Q: 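This entry shows rolipram within the model.
Numbers in chain A come straight from the PDB entry, and the residues shown are 152-495, in order. Order of listing sets the numbers, starting from 1, for every ligand and every atom in it. For the numbers below, each heavy atom of this structure counts, side chains included, while hydrogens, waters and symmetry mates do not. Technique stated in the header: X-ray crystallography, 2.0 Å.
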Amino acid sequence: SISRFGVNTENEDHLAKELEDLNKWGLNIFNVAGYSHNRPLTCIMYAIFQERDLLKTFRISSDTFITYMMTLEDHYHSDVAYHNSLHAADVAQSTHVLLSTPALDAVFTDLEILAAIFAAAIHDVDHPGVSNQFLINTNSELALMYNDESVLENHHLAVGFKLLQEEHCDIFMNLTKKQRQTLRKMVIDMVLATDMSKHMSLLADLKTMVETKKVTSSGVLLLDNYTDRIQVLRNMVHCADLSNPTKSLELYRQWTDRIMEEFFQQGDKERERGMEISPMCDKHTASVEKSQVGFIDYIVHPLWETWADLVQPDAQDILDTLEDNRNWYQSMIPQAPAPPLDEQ
Ligand SMILES: COc1ccc([C@@H]2CNC(=O)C2)cc1OC1CCCC1
Ligand SMILES: [As]
Ligand SMILES: [Mn+2]
Ligand SMILES: [Zn+2]
């Protein structure tokens, strides 16, 4: 319902144009935020759920869905540069596209689809804009409560599920106990897997799964066991979370400006509190370009190359864009006299 969004017909028309790319990697979530009074997570999630008929399938009224999403979105910190609702909306939409990749057609159940998109939406809720290590070093009550393990990730899950209890917010009210327990188990698994400290582990397990891929005649992956399905799902959400470098440079650059701004803000807090400044959190000694190239070579590319192998050739374009953006940042590093603007 558009009136909940407070959007007039003029901006609704603008939104309709942007949403033409709802099922595409090229969607511009920044534009979506701009035409939705900065409620991109709720807008894109409502769009996704309408698109996939999830509201009908799981009997979620639009009232309950929008009330919960608007409540959840409000728990993302708009003053945090990167980990705000715009990033969550981006991850949810990116996950929405990955679920529809050809190679995974008809592989997942509706509940698993609901679980992955929901996980993407709540995966960074109430993020304070500082790392787990910062919370641990300041003796944060949050770190004490979670025993320094996946502190924020555990917190994101607790908040996401806890908000279901506010007035008219239980979007899972009509799922059976069994369905809720299974969805909850999957969501917890997917959000916990977003902890970067688990990256190498997730990657190894993904590669070791691709080595024994069981594909059908049509080239459609075959995943009969739950264990394999949830491993593909946690890696999928993890890929969406690290999809910024795979988007058009216009979007990627905005994501880079934001993550750097957030790191610098943490660096400011560390300085303010008499703490040593963390790596890449000092604006005066930061190497944005170099950091992005390293980030891609050592983390993003290794991950996407493996995913693209699992769903080949679905992710070829994404792989090309990534490498294209990687080289752009490479030649952008101060002091690089090799076609300084787009390649080797
Ligand atoms: C656009 O870049 C980046 C985008 C996203 C992230 C993190 C991954 N998971 C998150 O939720 C935040 C790091 C980035 O860059 C790194 C390399 C240099 C700074 C940190
Ligand atoms: As909308
Ligand atoms: Mn995170
Ligand atoms: Zn995230």
Q: Locate rolipram in the structure and include all copies.
A: ligand 1
Q: Tell me which macromolecule has the most close contacts with rolipram, using the naming in UniProt.
A: 3',5'-cyclic-AMP phosphodiesterase 4B
Q: List every atom of rolipram that sits less than 4.0 Å from any heavy atom of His234, numbering the atoms from 1 in the order shown and giving each element.
A: 10 (C), 11 (O), 12 (C)
Q: To which UniProt domain do the majority of residues of chain A contacting rolipram belong?
A: PDEase
Q: Relative to the heavy atoms of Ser442, which atoms of rolipram are at a distance of less than 4.0 Å?
A: 17 (C), 18 (C)
Q: Does rolipram have any atom sitting under 4.0 Å from a heavy atom of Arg409?
A: no
Q: Return the residue, atom name and 0.1 Å-rounded distance of the protein heavy atom closest to atom 19 (C) of rolipram.
A: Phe414 CE2, 3.6 Å
Q: What protein heavy atom sits nearest atom 15 (O) of rolipram, and how far off is it?
A: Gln443 NE2, 3.4 Å
Q: For atom 8 (C) of rolipram, is the nearest protein heavy atom closer than 4.0 Å?
A: yes
Q: Could you name the option among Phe446, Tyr480, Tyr449 that has the heavy atom nearest to atom 14 (C) of rolipram?
A: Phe446
Q: What protein heavy atom sits nearest atom 5 (C) of rolipram, and how far off is it?
A: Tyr233 OH, 3.5 Å
